[PDB]
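23S ribosomal RNA bound by quinupristin.
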Amino acid sequence: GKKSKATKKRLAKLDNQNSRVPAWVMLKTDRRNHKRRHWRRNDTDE
Amino acid sequence: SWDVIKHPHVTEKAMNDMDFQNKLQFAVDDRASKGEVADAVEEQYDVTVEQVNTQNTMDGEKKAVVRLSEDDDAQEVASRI
Amino acid sequence: XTXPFXX
Amino acid sequence: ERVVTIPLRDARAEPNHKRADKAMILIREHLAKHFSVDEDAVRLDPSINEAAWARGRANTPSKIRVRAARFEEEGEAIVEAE
Amino acid sequence: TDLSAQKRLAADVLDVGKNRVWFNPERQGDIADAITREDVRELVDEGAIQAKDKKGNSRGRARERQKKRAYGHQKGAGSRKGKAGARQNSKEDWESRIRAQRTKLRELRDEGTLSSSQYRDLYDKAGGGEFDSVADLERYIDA
Amino acid sequence: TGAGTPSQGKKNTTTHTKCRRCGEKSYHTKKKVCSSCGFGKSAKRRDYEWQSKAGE
RNA sequence: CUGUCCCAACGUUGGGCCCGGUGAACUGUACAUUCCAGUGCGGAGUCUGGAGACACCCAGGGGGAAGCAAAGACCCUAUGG
RNA sequence: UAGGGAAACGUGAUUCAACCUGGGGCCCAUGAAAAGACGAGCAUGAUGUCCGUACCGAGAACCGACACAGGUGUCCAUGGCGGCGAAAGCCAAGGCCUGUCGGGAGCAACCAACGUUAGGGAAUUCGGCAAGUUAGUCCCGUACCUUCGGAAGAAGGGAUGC
RNA sequence: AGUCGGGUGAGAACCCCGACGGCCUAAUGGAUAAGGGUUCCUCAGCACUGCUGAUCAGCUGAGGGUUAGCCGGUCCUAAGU
RNA sequence: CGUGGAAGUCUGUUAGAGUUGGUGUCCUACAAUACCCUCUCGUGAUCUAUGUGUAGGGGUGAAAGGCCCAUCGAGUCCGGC
RNA sequence: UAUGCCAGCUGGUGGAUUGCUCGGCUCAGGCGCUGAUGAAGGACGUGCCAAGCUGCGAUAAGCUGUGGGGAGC
Ligand SMILES: [Cl-]
Ligand SMILES: [Cl-]
Ligand SMILES: [Mg+2]
Ligand SMILES: [Mg+2]
Ligand SMILES: [Mg+2]
Ligand SMILES: [Mg+2]
Ligand SMILES: [Mg+2]
Ligand SMILES: [Mg+2]
Ligand SMILES: [Mg+2]
Ligand SMILES: [Mg+2]
Ligand SMILES: [Mg+2]
Ligand SMILES: [Mg+2]
Ligand SMILES: [Mg+2]
Ligand SMILES: [Mg+2]
Ligand SMILES: [Mg+2]
Ligand SMILES: [Mg+2]
Ligand SMILES: [Mg+2]
Ligand SMILES: [Mg+2]
Ligand SMILES: [Mg+2]
Ligand SMILES: [Mg+2]
Ligand SMILES: [Mg+2]
Ligand SMILES: [Mg+2]
Ligand code: NA
Ligand code: NA
Ligand code: NA
Ligand code: NA
Ligand code: NA
Ligand code: NA
Ligand code: NA
Ligand code: NA
Ligand code: NA
Ligand code: NA
Ligand code: NA
Ligand code: NA
């Protein structure tokens, strides 16, 4: 498919939201990314 | 008011274009054109830009591969920052 | 619903 | 060390399209028994392998001469075609 | 050690199917440490990496048969599988023929042997399918 | 041809997409109308009383 | 024309069976080694009388549990659709 | 005296996809439009921004709740033998051993696919269901009927390699 | 549709090298549209996922990767909106 | 006799389309319609991609009450409730 | 005395029960419009390290003034 530039910025963003909860946020909060998404398993909008 | 140049895109492949083709790679504002990217780069580091290739990265930022004239030296411009 | 179960 | 004739008539008890594999086992079991060594310690030089697979995976010979030697600090035989 | 990565690189540098590149079994360790295309070409120059030769089916037995057949053998009823007109296209054949006949007739005319009219008369009979081959044509011409 | 699983294979057409106005993936890119907010059809926002119980 | 049949046989491959690993579901009021009879809301493993019955486990083909699965489509009824 | 090749770094021919250009035939069917190009020269210089570009494209990257035996468009239709063939079978190039659990028992009964069964030959069965028979090509030859087109590969007989 | 050697490793039937043996031939090869959306590459891993195992991976974590005056979009108009 | 090459023409697992029998395999499936063999069409009222139009008592229908996203003798969602 | 039945003991599985309340539910008083000076809502950004939430808007968890507050942040 041919993605537009906006579609891309979004796909981009979605990709970053897909990272882990930084190691330090764990210690800082004295101890889960509920928005983790697999390319195959899950499905993005658009 | 946005700025044209965000910061130097330093990575291995970025280093090569520098040590081997006198090219500097930047992360520039995605609303900026090659021409605007050229000027900015010149006025900022005081060099002569010959050509500028852009690309809209999967990081939501626009990467620009800037090639300097033979008068300027990438490795040197980069070293000062 | 069609004779033998369930044809 | 000695020269032995291994009968591979029992690989017929295995489905035909797989004789080769079974044959190759029969050999290890035979050497292991006749040399008083564990099947693990039986090294079959690739010569034997190619020998058994010569005519494809389903056409393995009914016999096969093989030269085996015995030795080392645990016991084990090395073997090859002849 | 996993040399699969290299295999992909070697296959491209040597420019051969991956299935052809050969890695010396005694130099896995080295090939392992090979990371860049350059590292590969070097191992190639060292002969550690090589490309097997690709075969081609042997047209030998074919040629022997081609001979026999050109000579007219090995073409009996028992060897024909296709229909008749399948083996030799009729229209095509008629083109071949009627053309040689018109070519012949055209020659005999310039050559003086035939008067425009004799030619005319013959040409029409040819296009009318009166002469089997050129031979049969000539034969008829000779009274 | 079953209307079930076998007819699922041809489903590769894109219709509903992230809407420019409301942000919902309800913008029908072929109709150029949002099924959610009504963008493309109505200046006002798509809203109905039946989206909740009568007394509420 | 032929294993469709008289009338079945042998064979081939994948299962089946044993071993390592992985590992569900259907179903379950309770009790439950049953069998022959009888009785009972007239179609009982459980009541009554007899008979039989040492426990546990493997494989099998499915006789019974009016087996499992589905609040009978037939039929009637409803001041139903 | 670009490039590429370790090297040689060919020449002719046949058949000829692509591509080019003609002729004929059909329609109670008539087979887009617009932008644009041409028409309308040459030199030198400048400018040519913006968006897409990874990868999969499927018996694991798509739809089907799944790493689903299903579904899903285009181009490669000119690789070799074969033969009528873009057919079978076999084999290159390329791909693969991931239609992804294995080990053991001559490996029983039973089941799935299937081979061969003497004599008989549809007696089976609602019914020849299932299976089987026939088969390619050439020659000879061909009934009733018929809307004269057909029936027709009727049927039947012969041939077949090296 | 594997087999014998061997490599790596705490651990190897299935991760890698070689040989032998095979499988795919309008496809199990090559290029792509839609669609997916980072699945691509690299390194480090095995708690999850993988019809067994795994040192392997489309899995986990971190980095990196897509460069156009002359390929597409962009322009034109089609049914039609 | 030849030429010509017509046809909702013939043979054909060319591609592609279809779906007659096995009432086979499957029937907690590979699969909420699959698998295998057999079978029909395959220059036309042909098959197919993409784009586009028709909307619910309304469409669409070479008509089977067929089809309108696993939903049809009146789709689906929410509301009346 | 194997397979095993019943009740208990120790450990587990499970998360009921009891206690607890940063949330709900309902009543009441006060108050009550925003937007082309571009609202409401949404997208995307924004942190040294930043996935979520909140805040904010390229001056991006903020900049200025006045008052309060105060030794912390
Ligand atoms: Cl012509
Ligand atoms: Cl493109
Ligand atoms: Mg670009
Ligand atoms: Mg009924
Ligand atoms: Mg003809
Ligand atoms: Mg339907
Ligand atoms: Mg009793
Ligand atoms: Mg009832
Ligand atoms: Mg009735
Ligand atoms: Mg690419
Ligand atoms: Mg798979
Ligand atoms: Mg017989
Ligand atoms: Mg009879
Ligand atoms: Mg009878
Ligand atoms: Mg039949
Ligand atoms: Mg990443
Ligand atoms: Mg690794
Ligand atoms: Mg990968
Ligand atoms: Mg026809
Ligand atoms: Mg046909
Ligand atoms: Mg359409
Ligand atoms: Mg009816
Ligand atoms: Na997805
Ligand atoms: Na950046
Ligand atoms: Na039989
Ligand atoms: Na039973
Ligand atoms: Na050929
Ligand atoms: Na495996
Ligand atoms: Na004629
Ligand atoms: Na069928
Ligand atoms: Na309706
Ligand atoms: Na309701
Ligand atoms: Na108020
Ligand atoms: Na954050």
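Letters A, B, ... are given to chains in the order of the sequence lines, protein chains preceding strands, and every chain is numbered from 1. Modifications are flattened: parent amino acid or X, and no contacts from the extra atoms. Only a selected region of the deposited structure appears here, and contacts were counted within that region alone.
- Counting every copy, the structure places quinupristin at chain C.
- Those other chains that come under 4.5 Å from quinupristin (chain C), heavy atoms only, are G.
- According to the PDB entry, the source organism of RNA chain G is Haloarcula marismortui.
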